[PDB]
Novice: 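Please take a look at this structure featuring ensitrelvir.
Order of the sequence lines fixes the chain letters, A, B, ..., with proteins taken first and strands second; residue numbering starts at 1 for each chain. Order of appearance sets the numbers: ligands from 1, and atoms from 1 within every ligand. When reading the values below, keep in mind they use all heavy atoms of this one structure, side chains included, and skip hydrogens, waters and symmetry mates.
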Amino acid sequence: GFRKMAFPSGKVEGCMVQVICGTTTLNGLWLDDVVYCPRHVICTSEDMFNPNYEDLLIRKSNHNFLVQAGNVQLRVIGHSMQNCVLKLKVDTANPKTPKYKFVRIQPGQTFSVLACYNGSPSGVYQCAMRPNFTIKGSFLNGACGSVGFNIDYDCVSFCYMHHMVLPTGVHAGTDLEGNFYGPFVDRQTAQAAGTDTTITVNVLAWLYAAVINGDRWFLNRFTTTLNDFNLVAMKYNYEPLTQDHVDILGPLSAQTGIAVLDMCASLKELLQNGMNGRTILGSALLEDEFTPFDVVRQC
Amino acid sequence: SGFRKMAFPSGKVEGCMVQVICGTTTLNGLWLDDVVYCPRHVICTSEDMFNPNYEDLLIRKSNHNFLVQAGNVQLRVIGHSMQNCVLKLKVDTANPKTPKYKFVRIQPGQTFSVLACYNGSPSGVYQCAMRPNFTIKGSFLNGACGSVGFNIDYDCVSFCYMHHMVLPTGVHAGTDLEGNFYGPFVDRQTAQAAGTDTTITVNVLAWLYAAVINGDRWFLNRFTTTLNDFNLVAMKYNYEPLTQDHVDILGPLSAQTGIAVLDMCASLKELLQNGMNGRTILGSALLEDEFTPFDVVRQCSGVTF
Ligand SMILES: Cn1cnc(Cn2c(=O)nc(Nc3cc4cn(C)nc4cc3Cl)n(Cc3cc(F)c(F)cc3F)c2=O)n1
Ligand SMILES: Cn1cnc(Cn2c(=O)nc(Nc3cc4cn(C)nc4cc3Cl)n(Cc3cc(F)c(F)cc3F)c2=O)n1
């Protein structure tokens, strides 16, 4: 089978806490004796439009931060600011702290999101960092602080912390070091995402998965060069295809016997002529939120 | 903002997954208190997979022939029993991570989260629905037999599915936690056909309501219809008949959006007869039937678990 699959969330569920600064409530990440959370928590309703975070933080004390891990209360013994992320040292180290790493992902790579509200998880889904450095997720009010992660052999690579919803409905956030993905800033102001492109290498991997799963009607009798495909791709707002992408798609080409540049020719036709109707792997669209690695792991 | 296929948090179920080995046949199991529940095909060998006599196969099995591994810890089987297609192994140690739980039998159309496990170790979680043909369209590889399906209702984990086999058509089939298969399938390596599947109508309507809640409203039309006249069109497009209970389940969503069910049915009637003409709904160019009305409430205007 082939379905959008997320990593097991257990290791991340036990690191989620609620952080309250006055009335402003959000979610936080409890790793060892430090609680990581968005620094927008130190803002009040009148500070959200244009905040001076250095001035807002200098007036705060350790006792101004309420951190709750369920019914358990944690005592803040130190506070610091790293870019757009607030770090609260606490008296107790999280016993359920997993082996972890803080990674900064690049557009096209995927991750699992644990949507949390008031420190309590609500659901898990998979989503990708769009080339415009936004993410298409499902977030409601209070989701600020929810994290995105990948798990590789019991090690959880934290890569995203949710911050804000953009006017277009897409979402924007930071890495676990506070540096935003994209040109966005933590302020309650209208910030436009930008014209998004389609992750080409991911689309091809999904087409390879369809061949592996029976759907092979899109397969044509043509081939092309990387340059002529990139010419066609640019017209339909598709990301450029590099030799790196071709080499990563090697395993998928091997299992199917379909050369990468031939799959590019099939995608070129699907773009130039259209899809008229019909479905591929359960979709009438071309999916770009499956990395080549995700496809191999599932198929 | 946004709408995605969302699964329940898997933590409570991850701590109940164990590996069960009978001689060499290896599977996954569910460790709740002092009982490990697992598919009974584990007692079959390579020559027993086609037509096994499970009563006789178990009569030749002893407690020491079942190897159950809870992570690195070894569990001692102190008793074995068979309930329908489920093997139940009493163990010496009660699972300390046993959550508050229930065993429920779901009905076709209802959804649940699946924790795909291999050799006792979870690997991924996804959401899927019990198709009207009593199969499930999932992502399972070799060794997935034993993976469980669940819903979480405020700290209570309702176990509803245990994976058994992949059917020749590529779909998947399994049982409830009392051993009774979903559908007319049997635990043996024989060619078993699923049957013609229909589209869960009430789920499609709930998904359209979810789009109204999330901004997509281009499909909302100026027409209305009756339940009977829609079911005439529904049957034509291989859709399940729409009942008054389905209408009543869509009650909450209709109020929140201000759109009557029969009006949404008329828009669906048009979407079925006319098409989607390129347009997208909630990020999809097809009509989704794997979102129950409760799933929309959970995701749209819903919170913790
Ligand atoms: C609908 N939606 C989708 N994603 C989000 C994420 N998100 C959020 O969860 N909360 C936000 N504002 C807050 C208001 C508060 C009121 N109280 C009492 N406490 C509050 C805490 C927060 Cl964080 N925002 C808005 C927002 C948050 C930021 F971190 C930021 F830099 C700019 C912003 F405009 C938000 O987007 N909601
Ligand atoms: C590709 N795929 C998708 N879903 C599945 C589920 N599934 C499975 O995981 N394993 C199965 N056969 C086994 C072989 C074994 C070899 N050893 C050493 N131990 C084994 C244990 C099992 Cl279960 N099967 C086949 C199958 C399993 C049953 F429980 C059944 F009743 C009939 C069947 F044909 C399987 O479908 N694999």
Novice: Mind telling me which parts of the structure correspond to ensitrelvir?
Specialist: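 It corresponds to ligands 1 and 2.
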Novice: What macromolecule, as named in UniProt, provides the greatest number of contacts to ensitrelvir (ligand 2) in this entry?
Specialist: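 Chief contact partner: 3C-like proteinase nsp5.
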Novice: Which chains, by letter, have non-hydrogen atoms under 4.0 Å from some atom of ensitrelvir (ligand 2)?
Specialist: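 Going by heavy atoms, that would be B.
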Novice: Name the UniProt domain of chain B that holds most residues in contact with ensitrelvir (ligand 2).
Specialist: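 Most of them lie in the UniProt domain Peptidase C30.
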Novice: Of the backbone atoms (N, CA, C, O) and the side-chain heavy atoms from C-beta on, which set of B:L27 has a member under 4.0 Å from an atom of ensitrelvir (ligand 2): side chain, backbone, both, or neither?
Specialist: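 Within the 4.0 Å criterion, B:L27 contacts ensitrelvir (ligand 2) through side-chain atoms alone.
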Novice: If you measure every N/O of B:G143 against every N/O of ensitrelvir (ligand 2), is any gap under 3.5 Å?
Specialist: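 By distance alone, the answer is yes.
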Novice: Residue-level breakdown please: for B:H163 versus ensitrelvir (ligand 2), do any non-hydrogen atoms fall below 4.0 Å on the side chain, on the backbone, on both, or on neither?
Specialist: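 For B:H163, the contact with ensitrelvir (ligand 2) is made by the side chain alone.
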Novice: Using a 4.0 Å heavy-atom cut-off, which part of B:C145 comes near ensitrelvir (ligand 2): side chain, backbone, both, or neither?
Specialist: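 Contact part for B:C145 vs ensitrelvir (ligand 2): both backbone and side chain.
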Novice: What atoms of ensitrelvir (ligand 2) come within less than 4.0 Å of a heavy atom belonging to B:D187?
Specialist: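 Reading through ensitrelvir (ligand 2) atom by atom, the close ones are 31 (F).
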Novice: Can you sort out which atoms of ensitrelvir (ligand 2) are near B:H164, meaning under 4.0 Å from one of its heavy atoms?
Specialist: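 The atoms of ensitrelvir (ligand 2) under 4.0 Å from a heavy atom of B:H164 are 6 (C), 7 (N), 27 (C), 28 (C), 29 (F), 35 (C), 36 (O).
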Novice: Just distances here: any N/O of B:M49 and N/O of ensitrelvir (ligand 2) closer than 3.5 Å?
Specialist: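 No - when backbone and side-chain N and O of B:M49 are compared with those of ensitrelvir (ligand 2), no distance drops under 3.5 Å.
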Novice: Name the source organism of chain B according to the PDB.
Specialist: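 Per the entry, it comes from Severe acute respiratory syndrome coronavirus 2.
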Novice: In terms of atom number and element, which parts of ensitrelvir (ligand 2) are under 4.0 angstrom from non-hydrogen atoms of B:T25?
Specialist: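 Contacts of ensitrelvir (ligand 2) toward B:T25, numbered from 1: 17 (N), 18 (C), 19 (N), 20 (C), 21 (C).
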Novice: I'm trying to map the binding site of ensitrelvir (ligand 2) - which residues have a heavy atom under 4.0 Å from it?
Specialist: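 Non-hydrogen contacts come from B:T24, B:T25, B:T26, B:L27, B:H41, B:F140, B:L141, B:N142, B:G143, B:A144, B:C145, B:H163, B:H164, B:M165, B:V166, B:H172, B:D187, B:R188, B:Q189.
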